[PDB]
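Drug tadalafil bound to macromolecule cGMP-specific 3',5'-cyclic phosphodiesterase.
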2 protein chains.
Amino acid sequence: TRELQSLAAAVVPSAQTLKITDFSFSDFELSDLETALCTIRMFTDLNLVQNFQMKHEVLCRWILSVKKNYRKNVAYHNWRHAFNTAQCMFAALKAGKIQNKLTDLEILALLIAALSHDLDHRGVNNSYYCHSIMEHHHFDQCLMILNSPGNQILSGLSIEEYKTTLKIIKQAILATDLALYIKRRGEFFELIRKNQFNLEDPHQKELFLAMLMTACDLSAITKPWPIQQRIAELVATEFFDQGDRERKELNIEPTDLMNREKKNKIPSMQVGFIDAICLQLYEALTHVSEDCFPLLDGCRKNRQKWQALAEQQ
Amino acid sequence: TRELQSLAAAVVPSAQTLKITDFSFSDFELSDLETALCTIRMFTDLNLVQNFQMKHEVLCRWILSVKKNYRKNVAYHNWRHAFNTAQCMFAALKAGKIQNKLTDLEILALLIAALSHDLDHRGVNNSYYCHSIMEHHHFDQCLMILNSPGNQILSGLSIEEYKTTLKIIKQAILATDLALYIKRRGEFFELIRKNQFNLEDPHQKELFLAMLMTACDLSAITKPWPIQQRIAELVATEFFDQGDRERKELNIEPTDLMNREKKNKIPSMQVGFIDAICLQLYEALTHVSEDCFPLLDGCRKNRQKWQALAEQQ
Ligand SMILES: CN1CC(=O)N2[C@H](c3ccc4c(c3)OCO4)c3[nH]c4ccccc4c3C[C@@H]2C1=O
Ligand SMILES: CN1CC(=O)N2[C@H](c3ccc4c(c3)OCO4)c3[nH]c4ccccc4c3C[C@@H]2C1=O
Ligand SMILES: [Mg+2]
Ligand SMILES: [Mg+2]
Ligand SMILES: [Zn+2]
Ligand SMILES: [Zn+2]
């Protein structure tokens, strides 16, 4: 492919040339091809290619696949969301002094995983339990790939390696279903308020890693007003287009969050979100590794721009 | 393909040579190949090929696709479930004097639809709202096909034809989600108890056509103790294997309906079903067209075998 060859025989800059190491980083400027070089870098400055000796040409045949297997039709749940979640994954990892808490497996899972937490989205979301169906279609799609020929970045691990990682990847993706993350967090939100925390304990390694996956899913909510707002207008575009669709085939009305109107109350809906989900998920996180404040803060900096906009309704 | 060519230059028996016209009909005896000749007959004795001048070679290129695009790995939600739901659709239509109540459009939708109500199942079901996700993956897969080249059985209709039918097909498939069918039926179950019934009214044509789709979904629940039991051990197989899986990756226990044990209480689980869902959905139907009693009865004939088996626990 005149695509793989290219990204193959190019030059993956660096964690610095690419500034992929900051909570303030955005996809906005660089072209897709580049969001490939970065990602490739991601694996690289993460030790994934070297330990698991990933074939250069396949990390790229994978990614490209991973990418092209995304729709630029949806207005948020597009490749640029996965990239921006792998990034925010790749940063709370380094500049967050979090990496030092995970194994080299759980780190391959989270990169591979995180670049697939929403693999084949179509624009069908919620607002409040479904047992994570949309999520198995993502994993089943995740796996569909990793197994694919010429895109097998795990074809270097061992039976108990490929297992232990598919157990994280899966359990990982399936954790982007806020439902679970809400029918859980409530507890992982006391290991803190009782400090009895501990990552050596498996279960807690679960609750953590999860609360971490969503933390990055919502990555864009703690981004510089520019980068952040520029995105909420995208998720908005989608949330509204989903109402429009479900008022054509079906004949239901919209749940505010999704009606092309109520656009004036979008703030308090953004505000409510943060207070209902964002805030505590990030502050609490912080306590794990204080090098995460950049998020919990960017958040509070945004939940004061909404409280502003909203104080005009 | 040595397949299509074959099913192409063969001989589609008849509604009688194939006995595809009775609630007591089963897939069990005939090979897949045949489950295609039947299905092909289904379109044929249904006027779909003649009105919509469907290319012989394509109904078959379609069908085969539709088929092959199913997994013989699942132990129920396999091609033989769709066939058996198209069938039960094809008979409550004829032998049920129901056909005389639908347009020629809503009849293509239902055949085309019905042979796709669960297009890409993997063995992930429920027991009690998800907004019909698995169902859009089915439709999106349903459509994926119909559009496919050489398998376009609608490439004979008109813009407002192909539309009107996708509105039915879609709304149709998406109605196999008992959830909706339960968050509805309750009313379509009063146009009867108040007789204020009426199919000329669109909305009611919905509720009807839906209640009818699930009617055929559960088709096998009203089948001769042999044909029926032979299947419940299959659906059982699946419901249990889904529990085994979700006690492997995940570490949850089983919801009875899905644990490899509790196999002794399978009757009262089969019993409660019928009473919670089957019974009413079939008796009430009957009133629409009394020629459907063969189902409401076969059901009652089964909900007395379970009451027997169960009266031994
Ligand atoms: C289920 N659910 C609940 C919810 O309320 N939201 C927020 C939100 C709030 C109001 C809105 C909205 C999104 O779109 C249109 O009006 C919200 N704000 C963002 C900023 C950046 C990236 C994603 C989001 C989301 C997504 C997130 C979500 O997925
Ligand atoms: C939520 N829910 C409740 C329930 O209790 N059931 C039944 C049932 C009862 C006992 C079982 C069972 C299914 O599988 C193993 O043991 C049952 N019996 C069938 C026969 C044929 C096709 C589908 C079913 C189902 C599916 C249906 C369902 O979807
Ligand atoms: Mg999600
Ligand atoms: Mg179903
Ligand atoms: Zn996401
Ligand atoms: Zn079905």
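The chains carry the letters A, B, and so on, in the order of their sequence lines. Going by the PDB entry, the residues shown for chain A are 537-664, 676-860, listed in order. Numbering, chain B: per the PDB entry, residues 537-664, 676-860 in sequence. For ligands, and for the atoms within them, numbers begin at 1 and follow the listed sequence. In what follows, every heavy atom counts, from backbone to side chain, and hydrogens, waters and symmetry copies are set aside.
In the structure shown, the parts corresponding to tadalafil are ligands 1 and 2. Other chains with a heavy-atom distance under 4.0 Å to tadalafil (ligand 2) are given as B. In this structure, the UniProt active-site residue of chain B with the shortest heavy-atom distance to tadalafil (ligand 2) (to 1 Å) is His613(B), 7 Å.
Under a heavy-atom cut-off of 4.0 Å from tadalafil (ligand 2), the UniProt Mg(2+)-binding residues of chain B that qualify: none.
Counting per UniProt domain, chain B has the most residues touching tadalafil (ligand 2) in PDEase. Applying a heavy-atom cut-off of 4.0 Å to tadalafil (ligand 2) picks out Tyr612(B), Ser663(B), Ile778(B), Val782(B), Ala783(B), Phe786(B), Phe787(B), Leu804(B), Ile813(B), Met816(B), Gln817(B), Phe820(B).
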